[PDB]
Amino acid sequence: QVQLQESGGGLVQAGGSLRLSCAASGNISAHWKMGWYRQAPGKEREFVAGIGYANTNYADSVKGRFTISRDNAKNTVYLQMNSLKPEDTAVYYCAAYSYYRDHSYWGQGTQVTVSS
Amino acid sequence: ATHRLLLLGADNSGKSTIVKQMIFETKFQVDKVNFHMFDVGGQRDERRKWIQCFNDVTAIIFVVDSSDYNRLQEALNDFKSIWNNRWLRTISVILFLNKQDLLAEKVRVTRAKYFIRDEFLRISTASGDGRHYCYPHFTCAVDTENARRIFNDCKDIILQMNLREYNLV
Amino acid sequence: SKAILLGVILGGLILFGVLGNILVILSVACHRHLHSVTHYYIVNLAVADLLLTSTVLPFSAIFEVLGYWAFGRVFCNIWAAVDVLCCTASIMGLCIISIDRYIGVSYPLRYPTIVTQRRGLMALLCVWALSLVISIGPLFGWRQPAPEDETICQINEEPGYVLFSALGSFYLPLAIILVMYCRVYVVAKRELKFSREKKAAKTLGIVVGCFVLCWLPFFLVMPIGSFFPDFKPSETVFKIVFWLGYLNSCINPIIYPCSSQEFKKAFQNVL
Ligand SMILES: CC(C)CCC[C@@H](C)[C@H]1CC[C@H]2[C@@H]3CC=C4C[C@@H](OC(=O)CCC(=O)O)CC[C@]4(C)[C@H]3CC[C@]12C
Ligand SMILES: Cc1cc(C(C)(C)C)c(O)c(C)c1CC1=NCCN1
């Protein structure tokens, strides 16, 4: 079993900076993706960022200002969010999903608030 | 479900007793399967029109009188002509050595009727090569169970056709 | 480096399956003396295998050599649905071919009254409808919530969808195929006794052995690994048992037209 526990979130001013982390407490194979998703209160989960062995994917609304990175030794995934606009106020989850098989581990969630 | 047969054979062999008491027409039905027999008549004698009678026929029903000997060589040459090549190829022959009761009176009953079948089987084992079979039967006029034999021989013919089709033989 | 190598042997398999399954169709679409239900039962198998090798399998090869899904999410949903549909329709085409051959060698004279031109059409309708019911399973109800990443294409592996569809799509057709072909084998030994059991045993053995050797690894890995958490296989063996079921659709034109003398006379005439 793998228990993704994410942290790093908090309260950011508009245009600020945040660095989210997601640990693993286990082992994810190198042929699995690992990504950050976002759900606002009222809307549904949208994809935000993802890094695997085959590609690195972003959402088109966070494409220039977000940066996903991965340390496969410590089995952790970081998301550096820079120039935070006041519509990223949501709950951010980390996932350790596969490419071609129905295998998805899901994190607990972390509230990220942008205000002005 | 409608199988065409081609009745042949020499005259005075009980073909009308096969037809009635079971080119003219005959139709009979065994186990809800309909058979349609084209009575040509005397082979190489009259009405030998193989253009429509032998067109996709299922089997040829040769009838031999097994009581006479002065025309037995004529029936043997008739089966030699029909079996080898008479524009009837890969058409299996159901042979009816008719009038079996008219043989035991003129003749221990095993060798009296198996030599006559052995000559027709010797003719039938010269050009077979797995293309078509020959089914010989010992029939008589007091035996009206010949439709069951025609049904089972056509069943075996079409079963071997399906086995040759599905590459099982 | 090895992506071009694996892609060119995959594309060779794709072109072989497409050319074989279009040759099986062209053997009937031009030779008008093939018009029976026994030939339509091979025509629809060639249609299912041609739809798989033409519409599904290039995207499977691209997904294998790239590592990710380079098209949209609706294309992934369409591709997975058509994949399950065409493979299930191929297996059920094999099943109805087996049933047709059983009641063709068991009732030779009573065959045009028990397999008519209407009951074979209804059998095609009922196998394609059940394939379409299985494949549009996860499209409304049978799906756990997939991740919203567009560059993944995850198959549905729900315990209860895998088990039911695995049962009703392989293990009932396997038992039917085994029963009908063992009875066909018993009839084909004349119900030279050495040159008859050998030929029928070899002919039916390659037919059932290609089917089980291509599809039993997949349908044994898929329900067992979805139920027992101790057995989790490797990721090379899953791709091998996944692509063997694709290999069955390229194997099928070598077997089933070559088990028919009219098709053997038409296949070498059309190529
Ligand atoms: C292993 C499973 C998933 C597939 C097994 C194959 C079925 C899809 C096939 C095999 C037998 C078929 C049936 C055989 C006979 C007929 C003929 C026909 O029967 C009738 O009631 C018509 C009128 C009549 O027969 O008098 C309608 C289709 C039906 C039920 C067929 C429907 C499709 C069936 C169930
Ligand atoms: C992906 C898939 C899943 C299932 C289930 C078991 C998940 C329903 C199937 O039955 C089938 C046929 C497929 C398609 C396929 N397998 C190997 C090659 N192509």
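The chains carry the letters A, B, and so on, in the order of their sequence lines. Numbers in chain A track the PDB entry; the residues on display, in order, are 1-116. Here the PDB entry sets the residue numbers for chain B, with the shown residues being 14-35, 51-135, 167-228 in order. Heads up, chain C uses the PDB entry numbers, so what you see runs 24-214, 262-341. Values reported hereafter were calculated over all heavy atoms of this structure, with side chains retained and with hydrogens, waters and symmetry mates removed. Both ligands and their constituent atoms are indexed starting at 1 by order of listing.
- By its PDB name, the drug at ligand 2 is oxymetazoline.
- The main binding partner of oxymetazoline (ligand 2) here is, in the terms of the PDB entry, alpha1A adrenergic receptor.
- Counting only non-hydrogen atoms, chains lying under 4.0 Å from oxymetazoline (ligand 2): C.
- The PDB records the biological source of chain C as Homo sapiens.
- By chain and number, the binding site of oxymetazoline (ligand 2) at a non-hydrogen cut-off of 4.0 Å is C/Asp106, C/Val107, C/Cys110, C/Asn179, C/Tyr184, C/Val185, C/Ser188, C/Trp285, C/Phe288, C/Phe289, C/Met292, C/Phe312, C/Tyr316.
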